[PDB]
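Data block below; observations after.
Positions are given from 1, in the same order as the sequence printed here. Every number for a ligand or one of its atoms is a count from 1 in the order of the listing.
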Amino acid sequence: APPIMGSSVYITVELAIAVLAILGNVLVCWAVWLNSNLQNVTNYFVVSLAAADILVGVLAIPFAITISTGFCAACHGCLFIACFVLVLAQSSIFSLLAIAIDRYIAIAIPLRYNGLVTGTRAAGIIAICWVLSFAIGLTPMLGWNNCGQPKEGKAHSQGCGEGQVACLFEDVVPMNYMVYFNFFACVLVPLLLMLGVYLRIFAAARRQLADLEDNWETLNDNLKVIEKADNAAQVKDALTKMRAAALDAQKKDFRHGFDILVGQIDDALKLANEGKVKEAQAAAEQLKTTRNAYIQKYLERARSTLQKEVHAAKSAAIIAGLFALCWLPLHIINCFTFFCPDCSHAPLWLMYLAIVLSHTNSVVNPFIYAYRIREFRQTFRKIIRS
Ligand SMILES: CC(C)CCC[C@@H](C)[C@H]1CC[C@H]2[C@@H]3CC=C4C[C@@H](O)CC[C@]4(C)[C@H]3CC[C@]12C
Ligand SMILES: CC(C)CCC[C@@H](C)[C@H]1CC[C@H]2[C@@H]3CC=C4C[C@@H](O)CC[C@]4(C)[C@H]3CC[C@]12C
Ligand SMILES: CC(C)CCC[C@@H](C)[C@H]1CC[C@H]2[C@@H]3CC=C4C[C@@H](O)CC[C@]4(C)[C@H]3CC[C@]12C
Ligand SMILES: CCn1c(=O)c2c(nc(/C=C/c3ccc(OC)c(OC)c3)n2C)n(CC)c1=O
Ligand SMILES: CCCCCCCC/C=C/CCCCCCCC(=O)O
Ligand SMILES: CCCCCCCC/C=C\CCCCCCCC(=O)O
Ligand code: NA
């Protein structure tokens with residue numbers, strides 16, 4: 001069948017994806033610019049990622065349409081339009097890795113997050129990552145390319161001029177670059193590191209939630225021990241364990257609560273050490289008002305904050321996983337092309353499906369934000385309504 005027919009379908013689909021990638025990610029960037037509740041370091045990387053996806057629509061997809069035609073071009077110009085999308089993917093990888101690391105710092109050392117992770121340092125990291133993304137993605141332009149070995153029979157059949165090639169991705173970009181350097185080193189390894197970071201995030205959250213419930217149970221158990229103690233020494237033992245746990249949980253109304261709690265434990269220990277069991281047990285009962293009025297409120301808020309961090313880390317992990325799902329088919333096909341020269345090449349229709357799927361990744365993030373992050377969803381609604 002005439003190539004222009006299957007080309008027409010591929011090109012129309014690419015153009016539809018480009019429209020949606022631009023619209024959704026412009027909306028992401030507008031939301032962050034407009035809403036101060038969205039202006040945090042994590043979202044500066046979200047914006048960097050949306051900018052990469054805007055440029056997939058504006059540049060990488062027009063470039064992909066162009067290179068599907070095999071038009072006559074100087075080999076190094078052809079290289080640039082072949083490789084620019086690799087810059088954007090690499091930038092996306094760096095942004096996704098930064099987001100994972102940011103959430104890990106927030107869950108593992110929240111007390112030093114704000115002093116360690118600042119907007120100016122984030123903006124510098126983003127600049128560096130964009131520079132490194134150009135260096136990685138345009139590495140074929142530094143000489144790791146097939147321009148030294150042009151397919152002259154294909155160029156002559158297409159009437160190309162002297163020094164020109166039929167501009168085709170696999171004719172100019174070496175597959176050993178695409179497989180070993182781009183895929184294994186620059187994509188797979190960072191995705192695997194991301195997986196490791198998310199595992200550490202969820203394990204740290206699970207451990208901290210378990211510790212909250214353990215400290216609550218230890219407090220209530222030790223209250224029972226005091227209630228059913230039969231000498232002053234048993235009361236002393238349980239209170240000493242209560243006091244060390246209270247200080248461990250201490251590091252306004254909350255600090256007031258902990259101040260009362262530790263003070264009331266000290267009151268009871270003083271009576272216990274004087275051998276006044278009944279007086280110490282009555283003093284320790286006072287702890288129950290402090291537990292009800294203050295400590296339980298601190299516990300629920302800490303649990304709620306941890307649960308919100310788990311939810312936000314799950315949202316970020318979904319984004320990273322969808323990047324992997326959308327890009328892996330094309331990379332896997334490249335592995336078959338490279339490692340199995342006895343295998344027939346994947347058919348053209350499948351090449352174009354895998355390319356289109358990789359571009360679809362630039363559409364999906366605005367939807368994940370809308371469905372999973374209330375502050376985004378509400379700002380989107382306000383932008384759209386107005
Ligand atoms: C600021 C942004 C929008 C600038 C976009 C510039 C783009 C479209 C330019 C920059 C470099 C250009 C390429 C440089 C060299 C060649 C080789 C020539 O034989 C055919 C065209 C081709 C392949 C050009 C295509 C257009 C091109 C990719
Ligand atoms: C979960 C997602 C990431 C997995 C996607 C796996 C896809 C990309 C795999 C599964 C089966 C694979 C195909 C199996 C058989 C062949 C025939 C061979 O002559 C060319 C490669 C080709 C055509 C493979 C291309 C890659 C392929 C289509
Ligand atoms: C998902 C994570 C672990 C990375 C993706 C796994 C990749 C690297 C694996 C998945 C299946 C693998 C392919 C399965 C079958 C073949 C055909 C064989 O003649 C050459 C190797 C080749 C082409 C493999 C290359 C590596 C491969 C593409
Ligand atoms: C991930 C980076 N990458 C790629 O890795 C990639 C690719 N296009 C091809 C392959 C295109 C293709 C293969 C064979 C063809 O004809 C036999 C063909 O004709 C249009 C296109 N590959 C391998 N593109 C799209 C521009 C791409 O972005
Ligand atoms: C092709 C990829 C290989 C690139 C290797 C080049 C090395 C680039 C070095 C990384 C820059 C890291 C930080 C440099 C800026 C200094 C920050 C500061 O002033 O505090
Ligand atoms: C929102 C997406 C907007 C896209 C703007 C540009 C639309 C057309 C895309 C690229 C056109 C590619 C031209 C084809 C190359 C020449 C064909 C040939 O010489 O054989
Ligand atoms: Na992306």
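Lab note: main contact partner of ligand 4 (name per UniProt) = Adenosine receptor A2a. This structure shows the drug at ligand 4 to be istradefylline.
Residues touching istradefylline within 4.0 Å, heavy atoms only: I67, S68, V85, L86, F169, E170, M178, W327, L330, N334, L348, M351, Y352, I355.
Proximity by heavy atom, under 4.0 Å to istradefylline, holds for these of the UniProt adenosine-binding residues in chain A: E170, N334. Nearest protein heavy-atom neighbour of atom 22 (N) of istradefylline: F169 CD2, 3.5 Å. Every N/O-N/O distance between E170 and istradefylline stays at or above 3.5 Å.
With hydrogens left out, the protein atom closest to atom 21 (C) of istradefylline is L348 CD1, 3.9 Å, a heavy atom.
Nearest protein heavy-atom contact of atom 28 (O) of istradefylline is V85 CG1, 3.5 Å.
Looking only at heavy atoms of the protein, atom 26 (C) of istradefylline is closest to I67 CG2, 3.8 Å.
For atom 8 (N) of istradefylline, the nearest non-hydrogen atom of the protein is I355 CD1, 3.5 Å.
Within the 4.0 Å cut-off (strictly below), no protein heavy atom is located near atom 17 (C) of istradefylline.
For chain A, the UniProt-numbered transmembrane segments (first one at the N terminus) that bring a heavy atom under 4.0 Å from istradefylline are 2, 3, 5, 6, 7.
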Show the distances, to 0.1 Å, for all pairs joining an N/O atom of istradefylline and a protein N/O atom that are shorter than 3.5 Å, listing one pair per line.
from, atom 1, to, atom 2, distance (Å)
istradefylline, 5 (O), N334, ND2, 3.0

